[PDB]
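In the model that follows, one finds losartan.
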Amino acid sequence: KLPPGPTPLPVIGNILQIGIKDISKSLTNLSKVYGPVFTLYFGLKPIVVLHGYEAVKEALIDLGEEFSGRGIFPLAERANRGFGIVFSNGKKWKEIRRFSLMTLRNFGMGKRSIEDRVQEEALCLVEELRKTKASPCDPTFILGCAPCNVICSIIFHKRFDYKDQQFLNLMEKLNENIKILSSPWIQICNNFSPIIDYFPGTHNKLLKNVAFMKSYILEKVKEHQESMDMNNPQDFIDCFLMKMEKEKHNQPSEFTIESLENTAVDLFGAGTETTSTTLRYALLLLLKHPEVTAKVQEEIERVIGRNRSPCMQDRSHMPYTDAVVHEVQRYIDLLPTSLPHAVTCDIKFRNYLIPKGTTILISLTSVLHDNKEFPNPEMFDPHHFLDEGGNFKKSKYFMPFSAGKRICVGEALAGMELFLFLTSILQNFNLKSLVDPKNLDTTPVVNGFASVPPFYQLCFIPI
Ligand code: HEM
Ligand SMILES: CCCCc1nc(Cl)c(CO)n1Cc1ccc(-c2ccccc2-c2nn[nH]n2)cc1
Ligand SMILES: CCCCc1nc(Cl)c(CO)n1Cc1ccc(-c2ccccc2-c2nn[nH]n2)cc1
Ligand SMILES: OC[C@H]1O[C@](O)(CO)[C@@H](O)[C@@H]1O
Ligand SMILES: [K+]
């Protein structure tokens with residue numbers, strides 16, 4: 001048997017029960033009726049939902065290889081998304097992921113470290129924030145540039161100047177695509193149609209934007225082929241090309257110029273928006289909780305001071321800051337259902353039998369907002385990651401990057417970006433709201449499978 005669920009209607013399954021508006025809350029409501037493991041029907045396609053820590057851990061961690069598949073919907077083929085890391089499966093995924101992890105280690109791309117790349121972006125970020133000259137400002141665009149340029153640095157070896165038109169084009173395309181991809185028409189409703197694409201225009205626009213990106217990446221690969229130093233790979237492209245020229249006696253290979261372009265599009269896609277949104281949300285929460293900000297600044301001033309950049313090494317001496325970043329991620333819950341999984345083979349889970357390829361939906365909300373691990377889980381409070389002594393308290397329930405075999409490839413990178421960008425900002429600025437802090441609402445705007453902060457402005461007042 002599959003896990004029990006609400007009985008589907010004919011030809012529409014469970015669609016009309018589920019509140020598309022806030023899918024996570026519906027899943028949670030269902031869990032109160034059917035328990036931690038239950039089945040929903042998306043017009044005949046069964047979806048098993050895992051809710052709560054135990055179920056999620058059992059599946060993602062203890063039965064990891066079996067739950068390592070990526071769930072497929074029509075959108076995957078309509079936006080040509082299954083050829084990188086994020087939406088790939090089997091051998092293509094294993095190989096590209098493995099390689100990408102090796103390449104993305106702090107020193108996996110020559111002498112220049114990933115941390116160096118992030119540190120340079122943090123100085124640039126601070127500078128743009130000075131240029132606002134302490135006036136009101138929607139930080140959206142500035143905070144989005146920093147992570148985008150980090151990926152640029154990782155892939156092409158060199159960051160762009162924030163005004164370089166080639167950068168502004170990449171960024172604009174990416175924004176467009178992500179905003180389109182956020183629409184419930186594109187994420188949900190159009191997947192109800194298994195064969196006919198009811199938004200052919202939209203997908204065309206998506207693909208055109210991709211092609212622009214892929215074509216820019218091709219220009220660079222060429223440049224990288226004409227300046228290849230086999231002993232000194234400096235970026236993700238070099239590393240990929242060396243992997244190719246190491247596989248030439250083994251075709252057909254998962255490593256080709258085409259998988260390089262698709263993998264890089266994945267890294268831009270995965271690596272920008274979520275980090276950007278997390279940073280923006282962090283500043284909103286810091287505005288609203290100025291005591292919190294002050295405690296971070298106390299750590300900064302005491303451990304780091306003013307005569308130098310904040311580096312990772314600092315993080316182990318700054319538990320309060322570490323707790324603040326962790327708590328931002330836990331509270332805001334940007335991917336409440338992760339990305340969909342799928343079982344790779346027939347598998348007995350608990351006392352249910354789940355057939356190979358069945359889509360699994362993991363509720364990360366249920367873990368991050370566990371009300372016993374994180375009492376008052378609905379409140380932002382850095383103490384959720386602090387012991388009674390004021391030290392950092394780890395949580396097995398801290399899964400904003402998901403868990404198991406499909407855990408975010410950028411976990412460590414996003415971790416550096418968040419810590420270095422936040423510390424560098426509060427090293428150099430205080431934060432002043434336009435409106436009254438008591439009047440700001442930090443509660444998240446959900447629209448489908450995606451959380452987002454509300455709109456706000458602030459002033460970056462130099463110290
Ligand atoms: C705070 C920022 C980020 C968050 C919260 C985040 C979170 C996630 C989550 C939840 C997943 C899905 C895991 C799953 O399928 O179960 C994921 C996948 C991924 N993330 Fe991130 N991510 C972030 C930043 C980044 C960055 C900076 C990169 C850049 C390398 C990146 C690369 C990826 C990739 C490649 C995947 C696909 C992994 C796979 O399916 O095998 N992410 N991320
Ligand atoms: C039809 C093939 C042309 C594809 C295309 N490439 C780009 Cl670039 C544009 C800019 O709008 N477009 C057109 C486009 C037209 C309508 C939409 C759209 C916007 C809101 C709601 C539904 C649609 C839609 N897409 N397809 N049909 N209707 C999106 C892109
Ligand atoms: C100009 C190119 C912009 C990026 C982009 N446009 C499209 Cl279309 C693709 C499809 O993969 N992509 C790549 C992409 C890959 C993964 C994601 C992603 C990664 C982690 C978590 C959620 C997402 C997601 N899926 N849909 N929207 N955002 C977003 C975009
Ligand atoms: O597999 C059964 C098929 O039925 C559909 O739900 C149609 O709603 C598709 O999403 C799925 O592919
Ligand atoms: K049209």
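One-based numbering along the sequence shown. Counting starts at 1 for both ligands and their atoms, following the listed order.
Counting all copies, losartan can be found at ligands 2 and 3. Within 4.5 Å of losartan (ligand 3), most heavy-atom pairs belong to the chain that the PDB entry identifies as Cytochrome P450 2C9.
Less than 4.0 angstrom separates some heavy atom of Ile178 from each of these atoms of losartan (ligand 3): 29 (C), 30 (C). Set against the non-hydrogen atoms of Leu174, the atoms of losartan (ligand 3) under 4.0 Å away are 3 (C), 4 (C). Under the PDB entry, the species noted for chain A is Homo sapiens. Proximity annotation for atom 8 (Cl) of losartan (ligand 3): of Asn177, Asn209, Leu267, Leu339, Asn177 comes nearest, heavy atoms only.
Near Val265, with a cut-off below 4.0 Å to any heavy atom, the atoms of losartan (ligand 3) are 12 (N), 13 (C). Atom numbering of losartan (ligand 3) starts at 1 in the shown order; those under 4.0 Å from a heavy atom of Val210 are 6 (N), 7 (C), 8 (Cl).
Proximity to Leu206 (heavy-atom distance under 4.0 Å) selects the following atoms of losartan (ligand 3): 8 (Cl). In chain A, no residue that UniProt lists as binding heme has a heavy atom under 4.0 Å from losartan (ligand 3). When only interatomic distances are considered, the shortest N/O to N/O separation between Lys173 and losartan (ligand 3) does not fall below 3.5 Å. For losartan (ligand 3), the atoms lying closer than 4.0 Å to a non-hydrogen atom of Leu181 are 26 (N), 27 (N). In this structure, atom 24 (C) of losartan (ligand 3) lies nearest to the protein heavy atom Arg81 NH2, 3.8 Å. Atoms of losartan (ligand 3) found under 4.0 Å from any heavy atom of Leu335, numbered from 1 in the order shown, are 21 (C). Residue contacts with losartan (ligand 3), taken as heavy atom pairs separated by less than 4.0 Å, involve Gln187 solely via side-chain atoms from C-beta onward.
If you number the atoms of losartan (ligand 3) from 1 as listed, the ones under 4.0 Å from a heavy atom of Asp266 come out as 11 (O), 13 (C), 15 (C). The contact residues of losartan (ligand 3), taking heavy atoms under 4.0 Å, are given as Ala79, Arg81, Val86, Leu174, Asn177, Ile178, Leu181, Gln187, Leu206, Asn209, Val210, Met213, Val265, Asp266, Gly269, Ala270, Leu335, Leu339.
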Note every protein N or O atom lying under 3.5 Å from an N or O atom of losartan (ligand 3), pairing the names and giving the distance.
residue: losartan (ligand 3); atom: 6 (N); partner: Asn177; partner atom: ND2; Å: 3.0
residue: losartan (ligand 3); atom: 11 (O); partner: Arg81; partner atom: NE; Å: 3.2
residue: losartan (ligand 3); atom: 25 (N); partner: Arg81; partner atom: NH2; Å: 2.8
residue: losartan (ligand 3); atom: 26 (N); partner: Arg81; partner atom: NH2; Å: 2.9
residue: losartan (ligand 3); atom: 26 (N); partner: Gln187; partner atom: NE2; Å: 3.4

